[PDB]
There are 2 protein chains.
Amino acid sequence: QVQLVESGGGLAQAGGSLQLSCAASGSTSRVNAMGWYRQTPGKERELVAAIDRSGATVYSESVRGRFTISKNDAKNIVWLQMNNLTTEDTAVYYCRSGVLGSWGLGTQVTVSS
Amino acid sequence: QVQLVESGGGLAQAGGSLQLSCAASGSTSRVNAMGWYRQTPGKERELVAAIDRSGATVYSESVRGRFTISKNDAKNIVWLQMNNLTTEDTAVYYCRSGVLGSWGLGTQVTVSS
Ligand SMILES: CCC(=O)N(c1ccccc1)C1CCN(CCc2ccccc2)CC1
Ligand SMILES: CCC(=O)N(c1ccccc1)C1CCN(CCc2ccccc2)CC1
């Protein structure tokens, strides 16, 4: 019952910037991860950036260093800042929510020397 | 109701390799993402690798290129292959499941020359 609304798309010139926004509404209290995906012409949809509740972020290799994901927790908004755009960035961009579950008990790894 | 069990931790020699496994049980039909996390002594727990149902993977900067996450869908197992271990990798490692939701309608971005 999460609802996601993406905005900010449009036309850019190569070397330009855009900022996308994703507004979540509905019952969002359990949502503790958010992601931006893109579908370039002809290709599989791919994760380009994600952010979790602790503020940790991860990016795909194709956008790492150029794109930045950030969030406004008080308004349930997630942003995608896209810098140094290329024609290879042309795509439909999608927002997606996630509910990350419980952890296991864990396993100790000890590296010596 | 999903239950996760991590195994395969132990003592590794500097520069050695380890393979961790995480077995999921319970009602797993909706689980469409899995992640490995680690908790270095004194520090926040951190994502190090994640995999989704389409086989896409993502890694933290600290492990990208050394660690590989893979899955056996038929047995509900995920694995973390850890190579060239150093003392900086000593930690408790945890598995975590996730349910990723619907996408939004998407927003077109078109970059020209
Ligand atoms: C990692 C993402 C994350 O954890 N969230 C998030 C989700 C989408 C977009 C931005 C952030 C939280 C979801 C729950 N909301 C709280 C409850 C609420 C309800 C209505 C208005 C304001 C707040 C805080 C942020
Ligand atoms: C990216 C993760 C993912 O999508 N999954 C997954 C989850 C945990 C660990 C490995 C993979 C699927 C979850 C549902 N199972 C299906 C049914 C079933 C039941 C009992 C035994 C075997 C299979 C297929 C794999």
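To find a chain's letter, count down the sequence lines: the first is A, the second B. Chain A is numbered as in the PDB entry, which gives 1-113 for the residues shown. Residues 1-113, in that order, are what chain B shows, numbered as in the PDB entry. Just so you know, ligand 1 is whichever comes first in the structure, and atom 1 is the first atom listed for that ligand. Heavy-atom basis, side chains included; hydrogens, waters and symmetry copies ignored.
- Lab note: drug at ligand 1 identified as fentanyl.
- Within 4.5 Å of fentanyl (ligand 1), most heavy-atom pairs belong to the chain that the PDB entry identifies as jgfn4.
- The heavy-atom neighbours of fentanyl (ligand 1) at a 4.0 Å cut-off, by chain: A.
- Of all the atoms in fentanyl (ligand 1), the ones that sit under 4.0 Å from a non-hydrogen atom of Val31(A) are 3 (C), 4 (O), 5 (N), 12 (C), 13 (C).
- Those atoms of fentanyl (ligand 1) that come under 4.0 Å of a heavy atom in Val78(A), given as number and element, are 9 (C), 10 (C).
- Here the heavy atom of the protein found nearest to atom 11 (C) of fentanyl (ligand 1) is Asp73(A) OD1, 3.6 Å.
- For atom 4 (O) of fentanyl (ligand 1), the closest heavy atom belonging to the protein is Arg53(A) NE, 3.0 Å.
- Protein heavy atom in closest approach to atom 22 (C) of fentanyl (ligand 1): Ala74(A) O, 3.3 Å.
- Closest heavy-atom approach to atom 17 (C) of fentanyl (ligand 1) within the set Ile69(A), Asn32(A), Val99(A), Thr28(A): this belongs to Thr28(A).
- Comparing heavy-atom distances from atom 15 (N) of fentanyl (ligand 1) across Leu100(A), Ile51(A), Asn76(A) singles out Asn76(A) as nearest.
- Taking atom 7 (C) of fentanyl (ligand 1) as the reference point, the nearest protein heavy-atom neighbour is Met34(A) CG, 3.8 Å.
- The residues lying within 4.0 Å of fentanyl (ligand 1), counted on heavy atoms, are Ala24(A), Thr28(A), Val31(A), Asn32(A), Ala33(A), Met34(A), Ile51(A), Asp52(A), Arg53(A), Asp73(A), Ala74(A), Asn76(A), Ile77(A), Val78(A).
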Kindly print each fentanyl (ligand 1) N/O atom paired with any protein N/O atom under 3.5 angstrom away, one pair per line, or none if nothing qualifies.
from                : atom 1 : to       : atom 2 : distance (Å)
fentanyl (ligand 1) : 4 (O)  : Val31(A) : O      : 3.2
fentanyl (ligand 1) : 4 (O)  : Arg53(A) : NE     : 3.0
fentanyl (ligand 1) : 15 (N) : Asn76(A) : OD1    : 2.8

